[PDB]
Every structure is written in structure tokens, then in C-alpha cells.
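This entry carries ipilimumab.
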Amino acid sequence: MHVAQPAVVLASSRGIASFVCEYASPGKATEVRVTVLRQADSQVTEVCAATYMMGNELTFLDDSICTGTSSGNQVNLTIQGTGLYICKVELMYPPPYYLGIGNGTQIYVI
Amino acid sequence: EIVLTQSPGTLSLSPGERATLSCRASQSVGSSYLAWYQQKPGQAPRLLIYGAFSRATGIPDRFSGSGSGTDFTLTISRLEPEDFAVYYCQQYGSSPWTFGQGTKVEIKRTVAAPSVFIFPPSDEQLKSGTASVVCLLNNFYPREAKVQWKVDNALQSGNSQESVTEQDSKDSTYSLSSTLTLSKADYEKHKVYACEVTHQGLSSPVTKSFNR
Amino acid sequence: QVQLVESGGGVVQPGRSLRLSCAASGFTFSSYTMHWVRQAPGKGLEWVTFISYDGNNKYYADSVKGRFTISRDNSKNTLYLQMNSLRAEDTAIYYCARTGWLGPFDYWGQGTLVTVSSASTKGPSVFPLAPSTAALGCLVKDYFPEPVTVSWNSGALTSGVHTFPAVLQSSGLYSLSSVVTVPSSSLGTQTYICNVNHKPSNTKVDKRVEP
């Protein structure tokens, strides 16, 4: 399913970057998982992950790197601390299951 | 349900040639949600391509993929001996996860006519009340071959079964075994039992037969 | 090194139940969703079931909806597949599969075979296919279940050997032929013996084939 994220974002001088990752759902899912992967040299590592029941605030597993806020079908992420950062959205319930993969975000550090 | 569709059913090429395998989706699926798999006989599937274009870890560069929407492609630029196998495409963007029918990549070789053999039932089997007449087609190519049974010059129907070995590794041939099963009673009512074979390498149907 | 090892396969009669296990090693188990994928003999791949990271959500193919239950134990790095009310149509190789973080099934177990059939264990009857470059062979008839292994002259004869894939007869039993191409002149000189063995019935037979 179509996931939209910016092509490029700028990171502040304190190493924190913020971008919006929005997603549409063919149905209306009440149980969503949002993941952020880092892709460099074909291999991918997990930046962070959060589980989302719509309207109940975005709960992140481990807030060491990512803190984010929900507002409908948009998620405003914040990552702290030079590859490609991909926003992943999983519509778990109700069926059907949907996987969404954004086109990736480049992060330039001024 | 997203129905996937592969073509051809069988690809006949030679080592060093370029293979092009097609996968079709019943509705548009994003490139990020298509994969290709390789499976060799007696082995589990193995991932080659994900995201339509991206290549899995440990996969040589001669494998590549392309396409979006409805039509996708897997390309093997130069076939190696180990590349002759079955290939499956899948969509993994939504449930249910669906696969294509598969596509077989066989080695193409020169035509080879089958050597046909006929085996009467053993008297040791007849003691059991049934008679199995076995016809052997040894080392032929291509895989297509039709055998018809004749009992007292009368064509049979619905009383025989076939079996084909996997493509030979060395000579790249196939072999086929056809078994005609008769009741002992019915077997001893006739005299001429003939196995008739047609193949590309035979200008005329060959008949191997015997009498009791 | 990512490893998936499934177990629990076997032969069973319709309506009975079977429990499969998939032991995972070499990666953080709870960080990946899992699948079971099956493959009937000689046919393609069919997705069976999916499970979430912790197990909150499970989905099944329609052919198994209501009879199969998928579960996982992240504490023990094990995946399960409780399959009940079995049908002959469930005969297949059942693979354990991990989902990559970008979608595909990036790792598969080698598989465990389950056979659902109302037949019972029977040893094969081995008959000689006598010659008359010559050809001879053994007919391994009426056995259940797969597999059977055939060699010739205790393994010393493998060139020109063709053991054919078994065939499922209407009786519900399997039948195959194993043939050998031999120089027509060696008949009477060289002794030719089939070494068939069907462990499920603990039957091992040696049959000599003569003109």
C-alpha cells in the first residue's frame, strides 16, 4: 500500500531530524505497526519501531532514538544521532493484511 | 485475491544463453512487493529477487529483475548449469500471499530418439492375479513423448499410467515408464501386447511387442 | 547463520491431527513475522498461514481456515502449526518461512513431509522385469507410504540406472519401476540384483533379474 515520505530532509545541528510519513489504507485498520529501516549497501538495520492503535497515541518500542507523534494517517517522526531511511507501515488488523514501503528518505546533515 | 501468472511453463535453453521469465499479476502490485524464488529438485525454495529489482544476498549478478504494475520479468544473462531449476514469483504486499504456478528452465539439447523396451509380466506377479506390462522409453529428448497400448491390435484406454524421470544431469535426457495393468484373467485372454511410441526423433511410430 | 528446522511430519489418516514445530536459530526470533508454506508433490507453492511478531494477529489461507492454528513461542525460538481434521488434500511438504523486514520470504527451512491417506503401511511386492544393449528392471508394486530406495548390485551399478518417480494408484498404494541398461552380451555372465527397501514397513528385499 502506498506510503509517502519526503525524498530529502535536513538534520538540525544537534543531530535530530524530523519528517512526516503518511499512509493510506484500502480499508480502515485499527492496528498498525510503523517501522523505520536504515538501508546502506543493500543490507538494512532497524532504526526503530512503534505499534499504533489509531487514536491512542503512538507507542514506540524503545525511545532511545525515535520519538514520534500520530495525527490520523500521518506520523511525525524524530530520529537523533548517511544512508537511506525507509518508512515501513504494516496494517495488521482488520483483514486484509497490508504492507507498505515508502520510497526512502535521504538525510543531509548541515 | 491477487492471482499471479508465469510464462512460459517450460524454458528450453542451453548453458550460456539468456533466460527471460515472465510473471503477470491479475491487478497492479507495486514493485516493492514482488519477489522471485529459485527451487532445485529436492531442495527448499531460495530467494533471489525482492522488490522486483533488488537482488537477495548471495545471489550472483547474472540474475536481475524488472517491470512494474502487471508485468514483471526475471532475467538470467548467462545460464550456468546450476541455474537450470524452477522459478516462482510472489506478491507479498497483502494477504493472502500468492505465488505463481512456477516456470521450469531445462537444458536444451539435440534431439534424441527413445530406445523402447517392452517387459511382459513375470509369472511371479501373475500368481497374485494381476498383470503389469511395463514399457520403457530410455534417454530421449525433448520431454514430450506419447505411448499407446495395443492388446490384440486394439487400442487401450484408461488402464495405464506413466512416469518421467527428471532431466538427466550428464546427457540431459529424459526417460519414461508406462505401466499397463490387467487382471490375470483378462491378461490370458489375448496374445499380442504392443507398446507404440511417437517422438520427434522418430519419423514413424515405433512398436515393441511380444506374445505369450 | 539463520537456521529454520521443522519437525513433526508423518503419515496420518483423514480427520486425525498433526502438530508441526519449527526451531529457529541465528537471529532475534521475536523481531520477525513467520509463515508456513506448503508444496504438494509435483505442484507449486501455496501460502498457508501467517503470524505476527508477538502473535497478536494470525491469518490463514481459505483451504485451512478453521482447521489449522499457528502459534509461536518467542521465549523458546519455536514456531508451531496445529493441523486438525486432516484431508488428503493437505498432503504436502510444509516449509517454515521467515519474513524479511522488507517483505519477502528471505529464509526457508528444508521442510517436513506430511502424508494424509486412508491407506495403511504395506511393504512392496517386487517383481522382475526380464530382458529378451539390453534392458532389465524391478517393479516395486503396491506399497505405502513413500519412500522406497532402490539400488543395483549393492550400489556398484549406477550408470544407465533410472529409478522412476513413484505413481499413486487408485488402490491408494504407490508403485514404481527401476530399470538398468546393460550390454546384451553380459547376460548370463553378470548377475543383476535389485536392492529395494521400504523402511516404513521394515521391508528390505533383494530380487535377481534373469532372462
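Chain A corresponds to the first sequence line; subsequent lines are lettered B, C, and so forth. We number chain A the same way the PDB entry does; the residues here are 3-83, 89-117, in that order. The PDB entry numbering applies to chain B: residues 1-212, in that order. Residue numbering for chain C follows the PDB entry; the residues present correspond to positions 1-132, 140-218, in that order. Structure method, as recorded: X-ray crystallography, 2.6 Å. All values below were derived from every heavy atom in this structure, side-chain atoms included, with hydrogens, water molecules and symmetry-related copies excluded.
The location of ipilimumab, copies and all, is chains B and C.
Here, the main chain in contact with ipilimumab is recorded in the PDB entry as Cytotoxic T-lymphocyte protein 4. For ipilimumab, the main contacting UniProt domain of chain A is Ig-like V-type.
Ranked by heavy-atom pairs under 4.5 Å with chain A, the first chain of ipilimumab is chain C. At under 4.5 Å between heavy atoms, the residues of chain A in contact with ipilimumab are A/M3, A/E33, A/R35, A/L39, A/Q41, A/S44, A/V46, A/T47, A/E48, A/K95, A/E97, A/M99, A/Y100, A/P101, A/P102, A/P103, A/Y104, A/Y105, A/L106, A/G107, A/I108. Towards chain A, the paratope of ipilimumab (heavy atoms under 4.5 Å) is made of B/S32, B/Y33, B/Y50, B/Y92, B/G93, B/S94, B/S95, B/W97, C/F50, C/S52, C/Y53, C/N56, C/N57, C/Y59, C/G100, C/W101, C/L102, C/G103.
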